[PDB]
Trainee: 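Opened a PDB file with methotrexate bound to Dihydrofolate reductase.
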Amino acid sequence: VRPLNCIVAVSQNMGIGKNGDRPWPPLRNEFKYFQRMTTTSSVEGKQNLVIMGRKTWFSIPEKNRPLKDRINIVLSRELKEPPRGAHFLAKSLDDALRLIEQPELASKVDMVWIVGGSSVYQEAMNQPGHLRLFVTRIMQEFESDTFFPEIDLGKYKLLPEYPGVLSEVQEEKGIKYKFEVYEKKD
Ligand SMILES: NC(=O)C1=CN([C@@H]2O[C@H](COP(=O)(O)OP(=O)(O)OC[C@H]3O[C@@H](n4cnc5c(N)ncnc54)[C@H](OP(=O)(O)O)[C@@H]3O)[C@@H](O)[C@H]2O)C=CC1
Ligand SMILES: CN(Cc1cnc2nc(N)nc(N)c2n1)c1ccc(C(=O)N[C@@H](CCC(=O)O)C(=O)O)cc1
């Protein structure tokens, strides 16, 4: 509820998403890792929190909305009322970060995950605090619309190992990828 965790899947050419969906073909095993990672809280009773941009919200299949067992906060400057399924709606990453720290919430939130938006990722990283990046490395080049900020290895450190995460190369539908975890604390 204090450290922030970004979770993204990026291609070799640091690309994410392409025209509404992801540039690469659907990787079912990568969704499982995404599901398990953002869904598993470390405490019984308390749930995980996921924050995402509005385009990301409507990208999730309607029947998989809201992401189950997780508190879903949608960010939007245009919407004035939370979209069906949305627990909370926030005007900005601060409105959201200050809401999450309210006594009323903190009592029921364990981990907070930023899961969607090149813009949200960017503003999440552009600010002090214990921050962690869970990156799924798609070992292949794809053409992408939107992208992901470069990782200053002078600011973040690669965790040799992290609990609950496996580090061996994975492969599905002929596409290779591996899980990585970076950390920053300032
Ligand atoms: N595989 C992966 O790792 C991921 C891929 N993607 C893909 O990326 C695409 C979405 O990219 P992107 O264009 O960045 O969309 P996002 O949904 O992340 O951001 C777009 C919208 O999010 C809201 N928003 C973003 N930042 C803020 C902020 N700081 N404060 C308030 N509101 C904010 C906006 O509200 P408003 O509209 O009202 O202005 C904005 O128009 C999709 O095609 C998706 O499938 C997304 C996440 C992960
Ligand atoms: C569009 N999109 C955004 C998306 C996709 N892959 C990512 N992968 C990673 N690693 N990180 C992200 N932030 C990420 N974001 C989606 C789309 C669908 C579902 C979804 O329905 N997820 C179900 C998973 C259904 C399943 O695939 O088992 C869940 O309960 O988490 C999630 C995110």
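In chain A, numbers come from the PDB entry; the residues present are 1-186, in order. Method of determination (from the header): X-ray crystallography, 2.5 Å. Atoms within each ligand, like the ligands themselves, are counted from 1 in listed order. No hydrogens, no waters, no symmetry mates; every other heavy atom, side chains included, goes into these values.
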Trainee: Hey, where's methotrexate in this structure? All the copies, please.
Mentor: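 Every copy is at ligand 2.
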Trainee: Could you tell me the residue and atom name of the protein heavy atom closest to atom 5 (C) of methotrexate, and the distance to it rounded to 0.1 Å?
Mentor: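 It is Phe31 CE2, 3.6 Å.
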Trainee: Would you say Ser59 has any N or O atom under 3.5 Å from an N or O of methotrexate, going by distance alone?
Mentor: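 Min N/O separation from methotrexate is not below 3.5 Å for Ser59.
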Trainee: For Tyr121 and methotrexate, answer yes if some heavy atom of the residue is under 4.0 Å from a ligand atom, otherwise no.
Mentor: yes
Trainee: Most residues of chain A in contact with methotrexate fall within which UniProt domain?
Mentor: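 The answer is the UniProt domain dhfr.
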Trainee: Mind checking whether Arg28 contacts methotrexate via backbone (N, CA, C, O), side chain (CB onward), both or neither, at a 4.0 Å heavy-atom cut-off?
Mentor: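 The answer is neither; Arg28 stays 4.0 Å or more away.
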Trainee: Does an N or O from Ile7, backbone or side chain, lie closer than 3.5 Å to an N or O of methotrexate?
Mentor: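 By distance alone, the answer is yes.
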Trainee: Under 4.0 Å, counting heavy atoms only: does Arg22 come that close to any atom of methotrexate?
Mentor: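 Yes, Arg22 has a heavy atom closer than 4.0 Å to methotrexate.
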